[PDB]
2 protein chains.
Amino acid sequence: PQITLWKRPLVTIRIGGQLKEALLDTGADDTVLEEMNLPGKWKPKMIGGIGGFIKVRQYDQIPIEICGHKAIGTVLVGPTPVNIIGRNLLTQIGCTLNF
Amino acid sequence: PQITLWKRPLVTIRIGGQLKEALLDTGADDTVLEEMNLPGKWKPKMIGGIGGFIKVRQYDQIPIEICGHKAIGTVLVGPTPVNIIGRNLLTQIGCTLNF
Ligand SMILES: COC(=O)N[C@H](C(=O)N[C@@H](Cc1ccccc1)[C@@H](O)CN(Cc1ccc(-c2ccccn2)cc1)NC(=O)[C@@H](NC(=O)OC)C(C)(C)C)C(C)(C)C
């Protein structure tokens, strides 16, 4: 589909078979989800945004669907105010910017 | 153009006669540039992202040419880690997400 940018490009994602709303973010290197009690091993990571860095848990090879398109990759979990789909997953679903 | 996302979507912009590199950022409500001089009266404001809030200077009705496409809109200036073109200007240049 095509998504205009008049409002925040929020779309439905599925992780662990459950649904969330997330921002399709071309300014994000990584995918960062709001605190959730995801199972499995993880590694500590620090990621930086406009106001500084936060601590996240890095989970690898996690299946996700984004607007019905399947993807699999690294998902960071931490105290973000918004679920963010970053370029690591946007490439997998064939997402481009166009003007 | 059509821009894929295996790299950061940086483009050349012209603003106040000067050339800069900036990130086409669908996850940004606002356009935020690194500390610089711009003509006109600015209003103090605060914006937040991951890592928290920063203080910026809000300049209104500022022309920027973004990858050959003209826009005139609100530009925030402050200690952002990267020059960011947000949705306020992406809409002006007719930018959309597609997959
Ligand atoms: C409603 O608030 C906003 O729209 N906030 C925007 C904002 O922060 N957007 C974030 C997503 C977001 C939205 C709302 C609340 C919280 C977060 C991103 O679209 C843009 N941002 C812009 C940005 C991009 C890079 C960097 C950076 C950090 C350290 C070193 C180099 N670059 C900082 C900010 N990117 C990042 O922060 C990403 N960082 C990143 O990719 O780092 C490599 C994350 C996400 C992976 C953490 C602005 C402050 C830019 C206007």
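The chains carry the letters A, B, and so on, in the order of their sequence lines. Using the PDB entry numbers, chain A covers 1-99, in order. Sequence positions for chain B are given in the PDB entry numbering; the residues included correspond to 1-99, in order. Ligands are counted one by one from 1 in listed order, and the atoms in each one are counted from 1 as well. Atoms considered below: every heavy atom in the structure, side chains included; atoms not considered: hydrogens, waters and symmetry mates. Heads up, header says this was done by X-ray crystallography, 1.8 Å.
Drug at ligand 1: atazanavir. Here the macromolecule bound to atazanavir with the most contacts is known in the PDB entry as Protease.
Other chains reaching under 4.0 Å from atazanavir with at least one heavy atom: A, B.
At the shortest separation from atom 23 (C) of atazanavir among protein heavy atoms lies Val82(B) CG1, 3.9 Å.
When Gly27(B), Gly52(B), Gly49(B) are ranked by how near their heavy atoms come to atom 13 (C) of atazanavir, first place goes to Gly27(B). Contact atoms of atazanavir toward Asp29(A): 41 (O), 43 (C) (distance under 4.0 Å to a heavy atom of the residue). Ranked by closest heavy atom to atom 39 (N) of atazanavir, the top entry among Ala28(A), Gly78(B), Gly48(A) is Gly48(A).
Using a 4.0 Å cut-off between heavy atoms, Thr80(A) makes no contact with atazanavir at all.
Of all atoms in atazanavir, listed by their number and element, those nearer than 4.0 Å to a heavy atom of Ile84(B) are 22 (C), 50 (C). Under a 4.0 Å non-hydrogen cut-off, the residues that form the binding site of atazanavir are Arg8(A), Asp25(A), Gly27(A), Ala28(A), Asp29(A), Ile47(A), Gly48(A), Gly49(A), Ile50(A), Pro81(A), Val82(A), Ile84(A), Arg8(B), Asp25(B), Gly27(B), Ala28(B), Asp29(B), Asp30(B), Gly48(B), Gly49(B), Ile50(B), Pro81(B), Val82(B), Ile84(B).
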